[PDB]
Trainee: 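The following entry includes clorsulon; I'd like to go through it with you.
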Amino acid sequence: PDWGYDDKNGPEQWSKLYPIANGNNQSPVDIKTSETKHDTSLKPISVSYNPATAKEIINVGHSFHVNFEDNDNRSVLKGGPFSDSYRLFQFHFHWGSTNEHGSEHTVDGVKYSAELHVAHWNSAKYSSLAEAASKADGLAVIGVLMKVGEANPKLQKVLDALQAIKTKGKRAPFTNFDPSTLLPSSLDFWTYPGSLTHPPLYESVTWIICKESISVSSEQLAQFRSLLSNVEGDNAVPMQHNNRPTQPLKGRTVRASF
Ligand SMILES: Nc1cc(C(Cl)=C(Cl)Cl)c(S(N)(=O)=O)cc1S(N)(=O)=O
Ligand SMILES: [Zn+2]
């Protein structure tokens, strides 16, 4: 695994292997609210997820992923800036080494403690995730800023599952879960054209960033950081952080739905 988040293989070094790191549509960004453009043409975000599409949780070494069956349109995102239906395939989190930072997106310079990514691919235009992932209109990702405070009970199934995937490569079934339960009450959002926030950093993402945060406790964040990046039997290496710094807007417009 050439890339990671440590001093030698981390975000400031990704450009050596992935020159798109220094591109014009890189994510995440700082959303400066004085510079957002309210767009009257934005429709409300519509999510409709079937809990039976939940499939598997996986320790991928730098993070963990919760994957969904994506063979049909049982679980879809519509509305907002999109004409096309986008098919749910994954959610995951980013976090930092301490409570002070850990989100990827920031709002008016303010860093949150963690961030939820709910990822979808354009099944109107493309035939698979692998095809869509490199296309400018291929991916739609909802970002939710997670503010340290009260324990969030909606995270329970996810946190309880981590003990079965402690080390790199471990995976387990993760079923009967609707991740719309993790979204805030308001789906008021910012949107901008951007990228995956880690390699391969493709500029394929329409970002949908929620205005409203969701909560997370200090102890729930500790559960994320207690996951191990090493394989079973090796020296324990906690997953301390996996958030990328904010990237230059390079003249992009962040639009507001509100
Ligand atoms: N950084 C990143 C990478 C991927 C991956 Cl691992 C692929 Cl192999 Cl496409 C994906 S995804 N949704 O897994 O295709 C999303 C992101 S993110 N953090 O939401 O921008
Ligand atoms: Zn992410």
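Following the PDB entry, chain A shows residues 3-260, kept in their order. Atoms within a ligand are numbered from 1 in the order they appear, just like the ligands themselves. All values below were derived from every heavy atom in this structure, side-chain atoms included, with hydrogens, water molecules and symmetry-related copies excluded.
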Trainee: Which of the ligands or chains here are copies of clorsulon?
Mentor: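 It sits at ligand 1.
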Trainee: Look up in UniProt the name of the chain making most contacts with clorsulon (ligand 1).
Mentor: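 The chain with more contacts than any other is Carbonic anhydrase 1.
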Trainee: Which UniProt-listed substrate-binding residues of chain A does clorsulon (ligand 1) come within less than 4.0 Å of, going by heavy atoms?
Mentor: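 Among UniProt's substrate binders, a heavy atom under 4.0 Å is found in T199, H200.
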Trainee: Which other ligands or ions have at least one atom under 4.0 Å from clorsulon (ligand 1)?
Mentor: ligand 2 (zinc ion)
Trainee: Which organism does the PDB annotate as the origin of chain A?
Mentor: Homo sapiens
Trainee: Could you check which residue UniProt calls active site in chain A sits nearest to clorsulon (ligand 1), and how many Å separate the closest heavy atoms?
Mentor: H64, 6 Å
Trainee: Are any of the N/O atoms in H67 less than 3.5 Å from those in clorsulon (ligand 1)?
Mentor: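 Between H67 and clorsulon (ligand 1), no N or O pair is found under 3.5 Å apart.
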Trainee: So, going by heavy atoms and a 4.0 Å cut-off, which residues UniProt tags as Zn(2+)-binding in chain A does clorsulon (ligand 1) reach?
Mentor: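 UniProt annotation plus heavy-atom distance gives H67, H94, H96, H119, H200.
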Trainee: Which UniProt domain of chain A has the most residues touching clorsulon (ligand 1)?
Mentor: Alpha-carbonic anhydrase
Trainee: Any N/O of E106 closer than 3.5 Å to an N/O of clorsulon (ligand 1)?
Mentor: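 Looking only at distances, the answer is no, because the N/O contact criterion of under 3.5 Å is not met.
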Trainee: Does any N or O atom in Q92 lie less than 3.5 angstrom from one in clorsulon (ligand 1), N or O only?
Mentor: yes
Trainee: At what distance is the nearest protein heavy atom to atom 5 (C) of clorsulon (ligand 1), and which residue and atom is it?
Mentor: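 Going by distance alone, atom 5 (C) of clorsulon (ligand 1) is nearest to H200 NE2, 4.2 Å.
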Trainee: Any chance you could list the binding-site residues for clorsulon (ligand 1)? Cut-off is 4.0 Å, heavy atoms.
Mentor: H67, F91, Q92, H94, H96, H119, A121, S197, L198, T199, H200, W209
